[PDB]
J.: 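1-deoxynojirimycin + Periplasmic beta-glucosidase, experimental structure. Questions below.
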Protein chains: 2
Amino acid sequence: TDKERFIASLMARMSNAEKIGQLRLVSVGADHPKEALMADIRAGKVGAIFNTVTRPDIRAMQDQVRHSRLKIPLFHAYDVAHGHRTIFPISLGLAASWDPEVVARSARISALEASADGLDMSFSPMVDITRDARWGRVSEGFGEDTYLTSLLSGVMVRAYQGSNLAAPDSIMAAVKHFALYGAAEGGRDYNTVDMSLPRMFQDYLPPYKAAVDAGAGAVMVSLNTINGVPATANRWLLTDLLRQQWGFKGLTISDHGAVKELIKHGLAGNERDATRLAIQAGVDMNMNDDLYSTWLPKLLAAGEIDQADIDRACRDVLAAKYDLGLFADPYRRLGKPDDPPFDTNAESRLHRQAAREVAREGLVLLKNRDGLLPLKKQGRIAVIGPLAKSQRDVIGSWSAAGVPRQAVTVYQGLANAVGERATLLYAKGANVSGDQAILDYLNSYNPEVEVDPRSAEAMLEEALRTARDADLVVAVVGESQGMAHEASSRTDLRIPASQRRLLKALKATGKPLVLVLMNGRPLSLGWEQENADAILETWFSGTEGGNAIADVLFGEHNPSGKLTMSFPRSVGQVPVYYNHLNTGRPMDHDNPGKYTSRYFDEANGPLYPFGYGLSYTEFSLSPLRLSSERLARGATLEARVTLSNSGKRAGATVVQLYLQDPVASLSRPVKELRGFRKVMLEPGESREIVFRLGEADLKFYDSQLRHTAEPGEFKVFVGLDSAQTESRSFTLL
Amino acid sequence: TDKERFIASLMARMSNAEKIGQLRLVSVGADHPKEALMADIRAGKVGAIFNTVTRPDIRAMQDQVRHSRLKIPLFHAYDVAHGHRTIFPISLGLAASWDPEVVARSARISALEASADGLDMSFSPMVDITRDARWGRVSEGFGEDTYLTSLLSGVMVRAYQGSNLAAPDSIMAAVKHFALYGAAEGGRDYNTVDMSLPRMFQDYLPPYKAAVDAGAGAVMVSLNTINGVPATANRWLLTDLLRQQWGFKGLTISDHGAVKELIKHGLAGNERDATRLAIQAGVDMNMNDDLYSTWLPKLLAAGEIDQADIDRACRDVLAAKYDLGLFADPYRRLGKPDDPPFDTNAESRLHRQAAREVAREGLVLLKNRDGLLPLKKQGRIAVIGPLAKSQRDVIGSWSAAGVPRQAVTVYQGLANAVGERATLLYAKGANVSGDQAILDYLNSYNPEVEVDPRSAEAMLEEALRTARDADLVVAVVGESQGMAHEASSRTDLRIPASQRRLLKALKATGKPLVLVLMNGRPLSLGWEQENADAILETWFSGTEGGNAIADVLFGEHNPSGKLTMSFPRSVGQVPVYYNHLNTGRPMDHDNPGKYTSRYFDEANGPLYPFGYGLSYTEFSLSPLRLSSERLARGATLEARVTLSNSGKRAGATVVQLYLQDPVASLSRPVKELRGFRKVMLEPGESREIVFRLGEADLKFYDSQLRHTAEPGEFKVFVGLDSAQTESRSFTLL
Ligand SMILES: OC[C@H]1NC[C@H](O)[C@@H](O)[C@@H]1O
Ligand SMILES: OC[C@H]1NC[C@H](O)[C@@H](O)[C@@H]1O
Ligand SMILES: [Mg+2]
Ligand SMILES: [Mg+2]
């Protein structure tokens with residue numbers, strides 16, 4: 001192959017200093033001042049940059065490469081999680097679209113905008129399975145389901161990379177965080193992960209394998225222990241599974257300071273030993289801590305590592321740079337040398353219409369009493385709450401190069417929608433938290449949350465007056481983006497107390513109460529489900545979020561979002577997830593018993609189940625029909641249902657197919673998602689939906705990690721959520 | 001062996017109907033009316049009885065055996081968890097004594113009283129490791145620590161069984177629940193258990209192995225899945241581990257309906273298949289569901305099981321009956337019918353003095369502002385709260401044949417202590433819950449909780465009046481015993497809301513506030529720790545609990561209890577446990593950082609850590625001294641410290657020794673308990689404490705379950721709790 005000969009030929013000319021230099025991944029900042037970094041690039045001591053994100057800045061780095069002996073080009077990476085400049089909903093919101101094409105569009109546009117600024121790589125997609133709502137990084141994933149997350153994992157990779165990694169509108173996908181990062185004990189970030197191999201193989205690993213199989217060029221290794229072994233030192237995970245079993249041929253990248261952290265994990269007593277563990281486990285590239293550059297020469301000289309460990313890692317970095325086209329033209333994403341200067345943040349370089357259309361699809365209607373929604377554009381509308389005018393929160397956590405001043409707030413979305421037809425009245429009502437320590441945490445690094453100097457009582461008095469002067473209240477409440485963020489684990493899943501006090505006070509006005517929720521995690525909403533007139537889940541909906549939200553509230557878009565993560569009744573029920581085991585003593589709702597698996601001091605089950613979301617119309621399903629009672633090995637089974645819009649407005653819903661294996665060599669879940677179809681229907685319109693199932697859909701990992709479909713009964717469920725299904729049985733032969 | 005020959009010789013004369021009859025374990029109930037059961041005993045269709053617990057009732061069962069062809073004697077079993085008639089503190093409270101001799105005494109007296117009533121066996125000790133306070137069965141274990149629970153597991157078995165299982169003051173120990181029952185996901189009873197084999201072998205399995213190694217005659221198999229396989233169907237657990245690797249020679253007993261529940265777990269489509277899975281996994285004896293008696297003949301006839309499966313199970317039952325002496329004399333625990341009559345419940349048959357002395361040892365002083373405790377016997381003492389006059393709650397869950405009317409309430413204990421020297425003023429103050437649905441749940445089977453018909457406001461008004469004219473308030477608050485019980489999982493770890501409203505109202509009177517907590521699980525006590533003057537944790541202290549509690553409150557006993565389970569600040573922090581891993585990013589208490597493993601919305605770490613407990617005196621430790629800096633393989637290390645009573649009152653504390661292995665092939669806990677010494681000291685008295693460490697204390701299970709000690713540094717910590725330690729290092733060679 002031309003590639004392996006080109007790289008072998010280059011590596012033949014390289015010193016070990018230069019080979020080791022290729023493994024170093026750094027960003028400009030206090031740890032690495034710009035001038036020292038420029039010198040290191042010229043010395044061949046830098047392989048890649050992260051957090052340098054504009055054409056002039058990236059050109060200036062790539063210009064330093066020209067001064068190096070071998071002129072090996074840099075690659076430039078960034079956290080393009082859910083948009084680059086045009087910010088789409090957070091991934092948890094994108095997942096709620098239940099539309100691979102909507103997700104692909106957000107990823108395609110992200111890659112286009114990032115590559116347009118000179119970037120070659122995103123640290124995305126994040127594909128960690130999340131069953132614990134306390135974890136601040138649940139916003140970054142696709143929810144609790146292995147099938148949906150695996151599917152969207154593949155979609156994100158393919159959308160980012162396109163048909164050619166050398167294309168100037170493509171970037172390389174570095175799938176993260178390999179592995180199991182979202183199972184952190186207590187939902188505390190960075191915390192211990194401990195799980196059985198059958199659960200690991202069946203539920204948590206498939207999304208990373210889906211990204212590898214979609215051709216992801218890079219894998220970012222996680223910060224957590226797996227069964228006592230940090231992923232960064234886990235040769236089983238990075239060599240035996242990722243390379244030998246899965247056949248991954250690309251680049252492994254450490255997370256930030258992950259190699260040095262092997263000391264705190266207690267796998268290493270010093271930096272030299274930590275360095276040896278990471279490179280021999282199969283970590284190619286060393287983020288920020290510089291341990292590889294410091295210790296690899298001494299390890300090699302001493303015979304503590306092999307030349308083959310350095311060569312493997314170096315070949316992987318050069319092979320990434322080759323696939324990205326950077327050996328053909330290191331300026332392929334940076335334009336021509338006499339291109340005129342331009343404003344990186346020009347309105348003309350955004351994709352607002354795409355962001356607005358994508359953002360509409362993820363909004364989930366959780367409650368709508370007496371058809372209060374959609375609203376009429378008339379009278380007086382009170383817009384109340386600390387998130388109503390927040391540009392910083394609507395773009396969410398991991399907002400990349402998104403500019404808060406360019407974002408549309410919920411307030412501005414309503415003003416754009418009503419024009420002169422209605423009067424909008426604003427009141428802040430409350431600070432995002434009443435706890436000064438939480439406000440100081442959120443404002444610790446930068447001013448992220450505006451702290452109103454009024455007393456809580458004064459802000460409430462203004463909100464009650466505003467509400468009393470309106471026909472209805474749109475309360476814009478929930479989390480600031482810093483509350484659903486790396487290292488922001490919550491012990492309380494409710495709306496913050498300052499905002500719940502505001503909601504209780506607004507009920508005293510007797511005005512219809514619409515809640516617009518902004519949040520990066522499932523919330524506990526028992527009070528709200530009892531007391532609010534309508535509830536719209538908007539996650540953090542991005543740059544055009546306010547416009548998409550007004551589109552739903554005024555009925556231009558019929559809410560079509562469905563949850564991809566169960567909403568617990570309280571943090572005391574964590575974890576709750578739809579695909580749980582039956583136990584030997586399941587709750588019997590027809591014959592309730594004390595001696596069943598349940599809590600006695602709270603209603604059982606999630607407040608809102610996986611796949612739940614309402615519409616402004618009604619939908620019906622015909623009885624489920626299977627193509628046969630028996631399925632021969634290697635044949636496919638057809639499951640058929642007719643969906644009807646039995647209401648008065650056009651709208652979409654999601655037909656969900658679930659499977660149960662009720663008798664197996666392992667206890668298998670009560671249901672597992674195995675298919676879905678999002679369908680848009682006119683009033684009175686019907687569509688026949690056909691699902692195809694084969695052996696592949698019936699397999700599970702048994703006690704001995706055999707991936708097998710066992711003969712016997714399977715139950716097929718079809719429904720518009722995980723809770724309201726009809727089922728039919730067949731036998732596998 | 002005479003034993004093997006006796007059993008072989010009996011089994012030679014037995015039909016398969018009789019062999020199968022030996023496996024049937026039943027109790028009188030709706031499922032098995034007394035007379036049907038008596039007829040079955042006469043027909044040789046019953047192997048053993050549970051929940052028949054008096055000499056006349058057991059004599060009548062054993063009398064029926066005479067009518068059967070082979071006259072094989074029954075054994076009789078019961079849940080003697082923490083006392084038979086004289087009720088000791090719940091196991092969680094017994095553990096807090098940190099005194100193996102106090103635990104052995106409670107077990108010895110339990111076996112004495114149980115055997116005196118005719119019982120041969122207890123379904124005890126319960127030795128499940130518990131890290132999740134939501135689980136209702138936490139009360140039945142010894143807390144979160146593998147070393148302490150394993151130690152006490154051994155102590156309970158040896159105290160029950162004595163030097164001879166045929167002794168009429170001995171019973172057989174059936175250690176439960178094998179295995180991992182207390183790691184239930186969500187702390188929901190009966191729920192999924194999923195963990196790595198290294199965590200399983202290092203932390204959760206050793207207590208069951210400790211009971212096997214102490215010579216436990218029986219093992220009760222748990223109701224939960226382990227990594228997807230119900231324990232009842234788990235051939236790896238019951239045959240490979242328990243029989244071949246651990247060398248257990250005794251009897252395996254299913255939990256209640258566990259065999260039939262294999263259908264609900266989804267391992268079996270029918271009773272016949274469930275029966276086959278349980279007997280071939282290695283379950284000898286079938287509790288209540290009668291599947292063995294129904295299906296084993298058909299399974300054998302059809303060649304679905306071997307004769308060897310029936311013979312193995314039958315030999316194990318006959319071998320237990322042999323060891324219990326029942327073939328020598330089936331009436332050895334039952335005296336003779338012409339014996340002088342006695343009342344089963346006679347005061348003369350109780351052990352009140354032992355119960356009072358044992359109960360003093362487990363009480364944990366959690367707070368004592370400005371030396372409010374101990375109280376003087378003078379003035380006016382308001383005794384307020386729904387647990388003040390509760391006889392049913394002081395004896396706790398699994399109270400066996402304990403008679404509530406024989407128990408000493410906290411109120412009666414204070415009356416007994418003060419005589420005419422002080423005036424006691426009572427007010428109920430609140431019901432145990434303000435939620436009528438929780439009260440109805442607690443009163444579902446029997447009247448367990450007295451519901452005052454007065455409004456919450458009327459009871460508060462009376463309590464405030466009582467408080468107003470007293471010198472101080474002893475608030476007796478917490479859980480009823482039915483809240484910390486099999487199948488009573490909580491989503492809230494606080495004192496119930498009706499009682500917290502009462503505490504806030506009492507705090508507002510400005511009167512000194514002493515909290516006497518009754519509870520079967522760790523509670524979240526943030527408000528109480530901030531606001532109460534003194535807090536005494538009494539668990540459920542048993543038959544003499546009120547007397548032991550008054551002994552501590554008036555200073556006759558200097559509180560010496562220490563926690564064996566971490567108290568979380570809230571249910572949102574679950575799990576918290578002292579022997580956690582460091583992570584790559586631990587909270588730094590000298591330099592707190594956002595990007596650490598923590599919550600942002602609540603103070604971090606437990607409110608009260610493992611090993612915490614105050615005294616009415618103060619104690620000092622001299623610097624820790626190790627016998628050498630290096631330890632040779634097979635040598636023992638000595639760790640020496642001097643403990644002093646530096647205060648004015650005699651009292652006991654517990655010197656705790658912890659070990660850390662800071663560099664290993666797995667990430668190892670920050671600390672692990674490896675020794676302790678409870679020491680009683682006069683004011684100004686000193687004692688030299690010497691701990692011995694060898695290789696056995698330094699070993700751990702690596703990723704491949706190699707059990708060895710790796711050469712390198714170990715850190716030794718000594719202190720009066722897990723949080724406040726001094727450390728010294730040595731090197732293993
Ligand atoms: O920002 C770079 C890198 N740092 C930290 C995060 O854990 C990861 O998600 C991100 O890609
Ligand atoms: O009472 C019989 C048996 N049933 C249920 C419990 O799980 C166990 O602890 C007890 O021994
Ligand atoms: Mg099956
Ligand atoms: Mg070591």
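We name chains A, B, ... by the order of the sequence lines, and we start the count at 1 in each one. Values below: all heavy atoms of this structure, side chains included; hydrogens, waters and symmetry mates excluded. Counting convention: from 1, in listed order, for ligands and their atoms alike.
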J.: Locate 1-deoxynojirimycin in the structure and give every matching ligand or chain.
T.: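 Counting all copies, it's at ligands 1 and 2.
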J.: State which other chains have a heavy atom under 4.0 Å from an atom of 1-deoxynojirimycin (ligand 2).
T.: B
J.: Among protein heavy atoms, which lies nearest atom 3 (C) of 1-deoxynojirimycin (ligand 2), and at what distance?
T.: B:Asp255 OD1, 3.4 Å
J.: Any atoms of 1-deoxynojirimycin (ligand 2) less than 4.0 Å from a non-hydrogen atom of B:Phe123? List them with their elements.
T.: 11 (O)
J.: What residue and heavy atom of the protein are closest to atom 10 (C) of 1-deoxynojirimycin (ligand 2), and at what distance?
T.: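 Going atom by atom, the protein heavy atom closest to atom 10 (C) of 1-deoxynojirimycin (ligand 2) ends up being B:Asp79 OD1, 3.3 Å.
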J.: Would you say B:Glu140 contacts 1-deoxynojirimycin (ligand 2), with heavy atoms under 4.0 Å as the rule?
T.: no
J.: Give the contacting part of B:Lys176 toward 1-deoxynojirimycin (ligand 2): side chain, backbone, both or neither, where contact means a heavy-atom distance below 4.0 Å.
T.: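 Within the 4.0 Å criterion, B:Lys176 contacts 1-deoxynojirimycin (ligand 2) through side-chain atoms alone.
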J.: Any idea which atoms of 1-deoxynojirimycin (ligand 2) are less than 4.0 Å away from a heavy-atom of B:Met220?
T.: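 Checking each atom against B:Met220, I get 11 (O).
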J.: Considering only heavy atoms of B:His177, which atoms of 1-deoxynojirimycin (ligand 2) have at least one such atom less than 4.0 Å away?
T.: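 Near B:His177, the atoms of 1-deoxynojirimycin (ligand 2) are 7 (O), 8 (C), 9 (O).
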J.: Give a yes/no verdict on whether any heavy atom in B:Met126 is under 4.0 Å from an atom of 1-deoxynojirimycin (ligand 2).
T.: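 Contact absent.
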J.: Which residues form the binding site of 1-deoxynojirimycin (ligand 2) (heavy atoms under 4.0 Å)?
T.: B:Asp79, B:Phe123, B:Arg137, B:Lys176, B:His177, B:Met220, B:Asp255, B:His256, B:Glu486
J.: Check each N or O atom of 1-deoxynojirimycin (ligand 2) against all protein N or O atoms and list the pairs under 3.5 Å, with atom names and distances to 0.1 Å, one per line.
T.:
residue: 1-deoxynojirimycin (ligand 2); atom: 1 (O); partner: B:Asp79; partner atom: OD2; Å: 2.5
residue: 1-deoxynojirimycin (ligand 2); atom: 4 (N); partner: B:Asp255; partner atom: OD1; Å: 3.1
residue: 1-deoxynojirimycin (ligand 2); atom: 7 (O); partner: B:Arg137; partner atom: NH1; Å: 2.7
residue: 1-deoxynojirimycin (ligand 2); atom: 7 (O); partner: B:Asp255; partner atom: OD1; Å: 3.3
residue: 1-deoxynojirimycin (ligand 2); atom: 7 (O); partner: B:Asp255; partner atom: OD2; Å: 2.7
residue: 1-deoxynojirimycin (ligand 2); atom: 9 (O); partner: B:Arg137; partner atom: NH2; Å: 2.8
residue: 1-deoxynojirimycin (ligand 2); atom: 9 (O); partner: B:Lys176; partner atom: NZ; Å: 2.9
residue: 1-deoxynojirimycin (ligand 2); atom: 9 (O); partner: B:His177; partner atom: NE2; Å: 2.8
residue: 1-deoxynojirimycin (ligand 2); atom: 11 (O); partner: B:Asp79; partner atom: OD1; Å: 2.6
residue: 1-deoxynojirimycin (ligand 2); atom: 11 (O); partner: B:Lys176; partner atom: NZ; Å: 3.2

